[PDB]
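What follows is a model of DNA primase small subunit carrying bound fludarabine triphosphate.
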Amino acid sequence: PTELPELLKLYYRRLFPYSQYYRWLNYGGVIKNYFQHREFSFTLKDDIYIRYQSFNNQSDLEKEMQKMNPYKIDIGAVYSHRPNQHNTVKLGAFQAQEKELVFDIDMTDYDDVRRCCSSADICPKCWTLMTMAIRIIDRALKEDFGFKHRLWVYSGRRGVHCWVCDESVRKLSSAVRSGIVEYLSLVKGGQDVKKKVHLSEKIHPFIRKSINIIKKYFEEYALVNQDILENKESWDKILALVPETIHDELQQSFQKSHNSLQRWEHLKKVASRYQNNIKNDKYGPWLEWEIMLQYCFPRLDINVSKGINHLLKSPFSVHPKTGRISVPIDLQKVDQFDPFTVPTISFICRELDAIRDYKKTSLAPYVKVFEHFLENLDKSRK
Ligand SMILES: Nc1nc(F)nc2c1ncn2[C@@H]1O[C@H](COP(=O)(O)OP(=O)(O)OP(=O)(O)O)[C@@H](O)[C@@H]1O
Ligand SMILES: [Mn+2]
Ligand SMILES: [Mn+2]
Ligand SMILES: [Zn+2]
């Protein structure tokens, strides 16, 4: 990590997409002081960071970034005054007023249903959890809430970010933001809780449509790549999510079967014949769905979305612990996104001078994703 300083110096001088970055956060320049009242937080060397940075224009941002060469850049809220003037403001008047609705998803939050990685590690076997998270959440944001300007970003290490940028979304209060999160959440409980998903008799359309997305990926991700029913050590973790009165019946049919595909098929048949309520003769796949949701449904870092003033790593910032650049994700190629081809700052600095802007490097197609998102914002403003 000692190479970072000179690599960052070249990155911010020749590669960082300043014009596209300002086109984003200036939002057409129609509202006064909108960019000028935006907080930036720079992380420097040795985990030292500065809060409440703000700039007058694109040029002032360029000069300060090329002067500070920060290890990472966080974006905060748009405030009532210039953040760099917040000490001259009378107490109580400095307030966060607007910010994009953001989401942060971390692979670590799935450690209880991951077999391949743990902590901040990721691999192709578990990245499909992010593919499903993007598609489930983005569908809800697009179709259920009518949000039209959504930027998905690779966080650089262990997950993804989403920036919802509709002008009315940026005005939402903390309370409404929490209400949106609650609408989107189904997996509830810490490590103390065994069964984290419970469904009602009547399935809300959001749950049905999310289930059907998971169904497209469940066989190859859960029963092959993860092999969640490989042996007793792992299939007892799934029996913890079903009533005891059917453990015996499932225990035997599992040992008689030979792979997870067969054992899942047996679980579905038993689960759909379990009598949940003795009052009625109503049966269904509720248990089947609760298992699929607990293993695949998106798990949000909820506090990132609730707070208006919460900082989030900027797109095209470096992740200082991996060297990877936080790059936009092509929503039209979400299934093909490979976090392991994401260029590091070292990689693109090498491409630049191998026999001078980002188009000469592997960062170019990621900027094009950002530009497509920017052109849709400009169209909604015309
Ligand atoms: N110490 C922190 N203080 C403040 F004010 N904000 C913080 C601090 N640590 C993270 N954040 C913010 O939370 C966000 C989510 O934290 P997180 O650990 O998830 O970082 P990330 O940028 O999403 O990257 P990875 O998950 O892939 O490791 C960060 O992007 C922001 O910096
Ligand atoms: Mn994260
Ligand atoms: Mn997080
Ligand atoms: Zn993995």
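The first residue in the sequence is number 1, and the count goes up from there. Indexing begins at 1, ligand by ligand and atom by atom, following the structure's order. Structure method, as recorded: X-ray crystallography, 2.2 Å.
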Where would I look for fludarabine triphosphate in this thing, copies and all? ligand 1
Listed by chain and number, which residues of other chains have a heavy atom closer than 4.0 Å to any atom of fludarabine triphosphate? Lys72, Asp74, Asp104, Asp106, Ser155, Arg157, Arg158, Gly159, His161, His310, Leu311, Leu312, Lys313, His319
Any idea which protein heavy atom is nearest atom 7 (C) of fludarabine triphosphate, and the distance to it? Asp74 OD2, 4.7 Å
For atom 31 (C) of fludarabine triphosphate, is there a protein heavy atom at a distance under 4.0 Å? yes
Going by a strict under-4.0 Å cutoff (protein heavy atoms only), does atom 12 (C) of fludarabine triphosphate have a neighbour on the protein? yes
Could you check whether atom 1 (N) of fludarabine triphosphate has a protein contact, counting only heavy atoms that fall below 4.0 angstrom? no
For atom 27 (O) of fludarabine triphosphate, what's the nearest protein heavy-atom neighbour? Residue, atom name and distance, please. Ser155 OG, 2.5 Å
Under-4.0 Å protein heavy-atom contact, atom 19 (O) of fludarabine triphosphate: yes
Considering only the protein, which heavy-atom contact is closest to atom 4 (C) of fludarabine triphosphate, and what is its distance? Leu311 CD1, 4.2 Å
Protein residue, atom and distance nearest to atom 28 (O) of fludarabine triphosphate, heavy-atom basis: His319 NE2, 3.0 Å
Other ligands and ions with atoms under 4.0 Å from fludarabine triphosphate: ligand 2 (manganese (II) ion), ligand 3 (manganese (II) ion)
Element-labelled atoms of fludarabine triphosphate that are located less than 4.0 Å from some non-hydrogen atom of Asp106: 19 (O), 26 (O)
Element-labelled atoms of fludarabine triphosphate that are located less than 4.0 Å from some non-hydrogen atom of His161: 21 (P), 22 (O), 23 (O)
Which fludarabine triphosphate atoms does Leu312 reach within 4.0 Å, using its non-hydrogen atoms? 14 (C), 30 (O), 31 (C)
Could you tell me whether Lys313 and fludarabine triphosphate have an N or O pair separated by under 3.5 Å? yes
Heavy-atom contacts under 4.0 Å between fludarabine triphosphate and UniProt Zn(2+)-binding residues of chain A: none
Using a 3.5 Å cut-off on N or O atoms only, is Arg51 in polar contact with fludarabine triphosphate? no
What is the closest protein heavy atom to atom 3 (N) of fludarabine triphosphate, and at what distance does it sit? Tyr49 OH, 4.7 Å
What residue and heavy atom of the protein are closest to atom 16 (O) of fludarabine triphosphate, and at what distance? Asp104 OD2, 4.0 Å
Any idea which protein heavy atom is nearest atom 17 (P) of fludarabine triphosphate, and the distance to it? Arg158 NH2, 3.8 Å
Which species does the PDB give for chain A? Homo sapiens
Which residues in chain A does UniProt mark as Mn(2+)-binding that also have a heavy atom less than 4.0 Å from fludarabine triphosphate? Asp104, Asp106
Less than 4.0 Å from atom 9 (N) of fludarabine triphosphate, is there any heavy atom belonging to the protein? no
